[PDB]
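This report concerns only the one structure given below.
Numbering starts at 1 and runs along the sequence shown. Atoms within each ligand, like the ligands themselves, are counted from 1 in listed order.
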Amino acid sequence: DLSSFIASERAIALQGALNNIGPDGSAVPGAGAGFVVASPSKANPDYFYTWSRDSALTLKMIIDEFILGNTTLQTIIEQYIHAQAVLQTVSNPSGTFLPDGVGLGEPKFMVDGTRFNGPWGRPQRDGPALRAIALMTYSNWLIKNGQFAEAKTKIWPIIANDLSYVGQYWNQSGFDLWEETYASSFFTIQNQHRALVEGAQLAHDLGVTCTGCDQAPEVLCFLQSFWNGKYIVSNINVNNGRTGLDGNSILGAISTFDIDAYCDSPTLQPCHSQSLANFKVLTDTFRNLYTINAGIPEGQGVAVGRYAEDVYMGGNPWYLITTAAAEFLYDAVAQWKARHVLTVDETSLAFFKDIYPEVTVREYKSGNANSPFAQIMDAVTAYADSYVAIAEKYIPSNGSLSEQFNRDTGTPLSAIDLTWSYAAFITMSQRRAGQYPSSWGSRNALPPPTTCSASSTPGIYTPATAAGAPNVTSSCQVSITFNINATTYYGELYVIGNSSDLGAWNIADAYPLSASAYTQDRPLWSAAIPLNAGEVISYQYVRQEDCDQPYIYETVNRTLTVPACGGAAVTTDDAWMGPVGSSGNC
Ligand SMILES: *[C@@H]1O[C@H](CO)[C@@H](O[C@@H]2O[C@H](CO)[C@@H](O[C@@H]3O[C@H](CO)[C@@H](O)[C@H](O[C@H]4O[C@H](CO[C@H]5O[C@H](CO)[C@@H](O)[C@H](O)[C@@H]5O)[C@@H](O)[C@H](O)[C@@H]4O)[C@@H]3O)[C@H](O)[C@H]2NC(C)=O)[C@H](O)[C@H]1NC(C)=O
Ligand SMILES: C[C@H]1O[C@H](O[C@H]2[C@H](O)[C@@H](O)[C@@H](O[C@H]3[C@H](O)[C@@H](O)[C@@H](O)O[C@@H]3CO)O[C@@H]2CO)[C@H](O)[C@@H](O)[C@@H]1N[C@H]1C=C(CO)[C@@H](O)[C@H](O)[C@H]1O
Ligand SMILES: *[C@@H]1O[C@H](CO)[C@@H](O[C@@H]2O[C@H](CO)[C@@H](O)[C@H](O)[C@H]2NC(C)=O)[C@H](O)[C@H]1NC(C)=O
Ligand SMILES: *[C@@H]1O[C@H](CO)[C@@H](O[C@@H]2O[C@H](CO)[C@@H](O)[C@H](O)[C@H]2NC(C)=O)[C@H](O)[C@H]1NC(C)=O
Ligand SMILES: *[C@@H]1O[C@H](CO)[C@@H](O[C@@H]2O[C@H](CO)[C@@H](O)[C@H](O)[C@H]2NC(C)=O)[C@H](O)[C@H]1NC(C)=O
Ligand SMILES: *[C@@H]1O[C@H](CO)[C@@H](O[C@@H]2O[C@H](CO)[C@@H](O)[C@H](O)[C@H]2NC(C)=O)[C@H](O)[C@H]1NC(C)=O
Ligand SMILES: *[C@@H]1O[C@H](CO)[C@@H](O)[C@H](O)[C@H]1NC(C)=O
Ligand SMILES: *[C@@H]1O[C@H](CO)[C@@H](O)[C@H](O)[C@H]1NC(C)=O
């Protein structure tokens with residue numbers, strides 16, 4: 001059946017994703033160490049960059065795939081732990097890492113892990129959640145499989161910063177997952193709820209204090225505001241002229257998936273009534289929008305895009321969203337079987353009447369095979385198959401999943417070999433089988449208070465250190481090269497200043513200059529010093545001497561201010577202003 005030709009595409013998708021990940025990635029030449037590229041397409045659209053969302057979302061698949069079957073994925077997982085451990089410290093246009101921990105929200109870096117200076121929709125506030133959720137789903141396996149040390153000592157201090165970010169900044173606005181609307185997004189809030197609830201449980205079992213986990217009830221309280229009568233508005237707290245119907249909604253449910261949960265829960269699961277009623281109106285608008293969905297019935301899946309007002313490269317359906325729309329049904333079908341009950345609410349009745357004509361407002365219970373409960377279950381999973389069916393049509397023969405496939409003609413376009421779309425296909429294919437990840441602890445989640453309160457506890461941000469080894473003394477240090485004309489020996493002189501990095505007026509901790517390009521023509525000593533930005537550093541060169549002779553300072557103290565964070569790599573040009581004393585002979 002179709003089961004064969006999606007099992008083959010899953011295997012292609014593994015390589016498609018893995019080839020985009022450095023260092024040993026076939027698709028990406030350049031830059032490695034555990035940084036996942038979204039797409040190798042350097043040609044427009046230029047997607048040759050690492051997105052902290054895409055990186056953390058595709059690696060969540062890799063970890064969950066690693067849990068069942070593949071063990072060679074451990075190599076790329078453990079480089080990612082090193083990668084993001086470093087990436088944390090990288091000062092970027094959103095902000096620096098230390099003082100308030102603002103730089104973690106920056107969505108996009110170079111395939112290196114150097115800053116992306118260009119203009120962008122920042123901050124995005126969801127990467128920290130997905131990166132926490134990724135590392136928490138790996139570290140909670142390590143504690144279960146007799147490697148507690150790694151989870152506690154090295155992986156945790158990465159997570160500690162990322163859910164400190166969520167604790168401190170959930171209630172301030174950001175950009176949505178589509179990098180467009182500067183507003184409180186549903187996908188961003190629902191995933192960063194999970195990062196506190198699941199993060200609190202791992203903090204408990206590791207035996208450490210999660211700063212930021214406090215806000216889990218208040219984040220869940222605010223998540224109730226997104227619902228809107230018939231459907232769920234994805235971006236709340238702005239007016240951008242959009243409906244609110246958005247793939248954002250589906251992608252939030254599938255990425256915050258739990259099997260032990262019931263549809264009663266206020267975390268808004270795939271099987272929850274309001275989420276089903278959204279899926280109806282959301283998929284029905286795309287059923288009517290695109291020419292591809294010309295007269296497809298109400299009981300059959302269709303090409304799903306991101307929103308009705310989408311204009312990005314035509315306003316098309318997306319591969320990752322159309323697969324996630326199937327996964328949404330495969331999540332819901334599993335949850336009803338898991339909890340053995342279907343309380344079909346009148347708010348969610350419009351969903352079921354398409355799939356099963358003779359539904360009511362009953363509590364359908366897990367009875368016989370061929371009973372009504374099983375018939376609804378077998379119809380919903382059949383409805384899920386039609387979403388992957390129409391996906392299989394517009395997926396090409398060689399299996400190259402792009403970002404989008406065209407609105408009208410259905411041929412592929414946009415970024416070629418998108419890592420998300422491969423991962424989203426794998427996440428879907430897992431859920432077709434019984435391969436569900438784990439209970440992140442939705443039942444143990446603290447329910448929302450009586451009234452919501454605007455709040456955010458200020459978390460603290462220590463470097464990962466054990467994972468990746470930056471260890472930052474202070475925020476955004478800029479490079480500055482001292483050069484000095486000093487006539488002396490052609491090889492084998494120091495520099496001190498009022499700053500701590502230089503010395504603070506002592507010659508034991510003074511920085512030694514190298515005589516690399518010293519010549520008769522140009523007697524240059526030099527030293528590239530990474531020291532703090534925005535400081536009027538008062539420096540002075542000094543000469544160390546042979547046969548235990550004392551040090552010889554220059555006659556005057558120089559001062560030149562090092563420029564502010566975010567570039568301007570200055571190089572000073574001084575000469576020796578004082579007497580070069582007596583040389584040695586001993
Ligand atoms: C930080 O957290 C705090 C809470 O901890 C957040 O504060 C809450 O923000 C909510 C969203 O702005 C707000 O909800 C609305 O409150 C007003 C009254 O102030 C209600 O009238 C609204 O209900 C009505 O509208 C909804 C949706 O219908 C449409 O209309 C609204 C605009 O009115 C649109 O936003 C929406 O897109 C829809 O098109 C209906 O479903 C209702 O039936 C009703 O008609 C909302 O509930 C909370 O009141 C507010 N709470 C407090 C205590 O301040 C804060 O926003 C958050 N900030 C960030 C950045 O995350
Ligand atoms: C890849 C991204 O492209 C689109 O958005 C970005 C634009 O391409 C850029 O031009 C830039 O826009 C800024 C203007 O240049 C600047 O003049 C100023 O007005 O600010 C603008 C931004 O506010 O940055 C845009 C992003 O903010 C497109 O709208 C967006 O959806 C695209 N993102 C997708 C790509 C990936 C790849 O990993 C996914 O992470 C996202 O979910 C996708 O939505
Ligand atoms: C487990 O992961 C490995 C990658 O580490 C997969 O290996 C690829 O398998 C395909 C099979 O068609 C080959 O064509 C590739 O050449 C393999 N690549 C490498 C680098 O080994 C493997 O298929 C995965 N297995 C399962 C069961 O998921
Ligand atoms: C696999 O199929 C994809 C379908 O996208 C091929 O990508 C196209 O490659 C050609 C090369 O000339 C480009 O002109 C097209 O623009 C690409 N497609 C898109 C959507 O941009 C890919 O080359 C194929 N790989 C093979 C046959 O090895
Ligand atoms: C990271 O660097 C700082 C200094 O920039 C180190 O801080 C010292 O920590 C030790 C205890 O481990 C204290 O006794 C010192 O007083 C601290 N300050 C200084 C200025 O030395 C810190 O230990 C480093 N961390 C790692 C893991 O190497
Ligand atoms: C340090 O020595 C270098 C020697 O090159 C000086 O740089 C030269 O300065 C002269 C000024 O007459 C220029 O004509 C040359 O083109 C410069 N050469 C280079 C390589 O820069 C420099 O000015 C000296 N600095 C101080 C502070 O005395
Ligand atoms: C270095 O000296 C300058 C003199 O203007 C001063 O402003 C600055 O604060 C000093 N920095 C120190 C002592 O770290
Ligand atoms: C200037 O340098 C001398 C070196 O001995 C030092 O003692 C003095 O404190 C410095 N003064 C300033 C203002 O930098």
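According to the PDB, the drug at ligand 2 is acarbose. In the deposited model, the macromolecule with the most close contacts to acarbose (ligand 2) is named by the PDB entry as Glucoamylase P.
Lab note: per PDB, source of chain A = Amorphotheca resinae.
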